[PDB]
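Quick look at a structure containing pemetrexed.
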Amino acid sequence: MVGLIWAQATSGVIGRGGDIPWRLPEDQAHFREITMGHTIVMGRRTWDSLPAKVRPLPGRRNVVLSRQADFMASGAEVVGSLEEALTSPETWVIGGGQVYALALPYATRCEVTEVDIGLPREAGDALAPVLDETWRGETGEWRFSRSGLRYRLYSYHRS
Ligand SMILES: NC(=O)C1=CN([C@@H]2O[C@H](COP(=O)(O)OP(=O)(O)OC[C@H]3O[C@@H](n4cnc5c(N)ncnc54)[C@H](OP(=O)(O)O)[C@@H]3O)[C@@H](O)[C@H]2O)C=CC1
Ligand SMILES: Nc1nc(=O)c2c(CCc3ccc(C(=O)N[C@@H](CCC(=O)O)C(=O)O)cc3)c[nH]c2[nH]1
Ligand SMILES: [Co+2]
């Protein structure tokens, strides 16, 4: 099982300036619940975004994709191809934009948080992958985050 999990603005933006232009504690807790215990696979730029104290993310096999043969990620495995990362019953691809696009052909689940923020797409933004007709989606109800932004959870599945 390969799943993708991400949070996006309604525009599709997932990252900007190497970080994220929001933070919803409820979305982080949801991310923790879904990924805990499993393999998480991330691009090197997303590893760089992690604060030193949650590097590695605890209780998970942290895998970092890089073309740098000597890149060092203390507490993670660095691999040079996505296929090397897929050796566990449940693998969660946690981004960013480049790695979501690379992993989508392997994926059967997407757990999406839509953040009700009006954020036009700018050059250099990382974007969510586009999900074609093979993806069956189910939406949850809109929820208020204590951050003040509304959000809702989408669960996409395909065989
Ligand atoms: N809102 C959300 O849900 C999420 C947001 N983000 C945000 O997204 C942004 C980062 O996304 P993005 O910029 O797309 O960078 P990525 O996180 O996708 O990492 C890109 C890097 O991954 C490596 N990589 C990419 N393709 C391959 C390949 N085929 N083989 C080997 N290594 C590969 C390279 O590493 P190297 O350069 O070392 O070779 C490349 O520079 C940040 O802003 C981050 O905060 C990240 C995750 C989720
Ligand atoms: N839906 C979704 N939201 C995201 O933000 C995200 C990301 C961004 C990277 C990310 C995710 C969680 C935490 C982090 O700190 N995680 C902690 C939770 C800590 C807390 O609850 O405050 C963890 O242990 O997972 C730190 C960084 C990838 N895929 C995602 N998918
Ligand atoms: Co689980």
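Position 1 is the first residue of the sequence, and the numbers go up from there. Structure method, as recorded: X-ray crystallography, 1.8 Å. All ligand and atom numbering here is 1-based and tracks the order in the structure.
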Hey, where's pemetrexed in this structure? All the copies, please.
ligand 2
Which chain is the largest contributor of contacts with pemetrexed (ligand 2) here, and what is it called in the PDB entry?
Dihydrofolate reductase
Pemetrexed (ligand 2) contacts in chain A: dominant UniProt domain
dhfr
Proximal atoms of pemetrexed (ligand 2) relative to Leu57 (non-hydrogen, under 4.0 Å):
14 (C), 16 (N), 23 (C), 25 (O)
Strictly inside 4.0 angstrom of atom 2 (C) of pemetrexed (ligand 2), do you find any protein heavy atom?
yes
Among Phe31, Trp22, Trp47, which one puts a heavy atom closest to atom 11 (C) of pemetrexed (ligand 2)?
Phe31
Taking both backbone and side-chain atoms of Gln28, is any N or O found less than 3.5 Å from an N or O belonging to pemetrexed (ligand 2)?
yes
Which UniProt substrate-binding positions in chain A have any non-hydrogen atom closer than 4.0 Å to pemetrexed (ligand 2)?
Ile5, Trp6, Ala7, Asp27, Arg32, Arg60, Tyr100, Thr113
Can you tell me which residues in chain A that UniProt annotates as binding NADP(+) end up with a heavy atom closer than 4.0 Å to pemetrexed (ligand 2)?
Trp6, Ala7, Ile94
Which bit of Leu50 gets closer than 4.0 Å to pemetrexed (ligand 2), counting heavy atoms only: side chain, backbone, both or neither?
side chain
Which residues form the binding site of pemetrexed (ligand 2) (heavy atoms under 4.0 Å)?
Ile5, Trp6, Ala7, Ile20, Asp27, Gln28, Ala29, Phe31, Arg32, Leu50, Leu57, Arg60, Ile94, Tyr100, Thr113
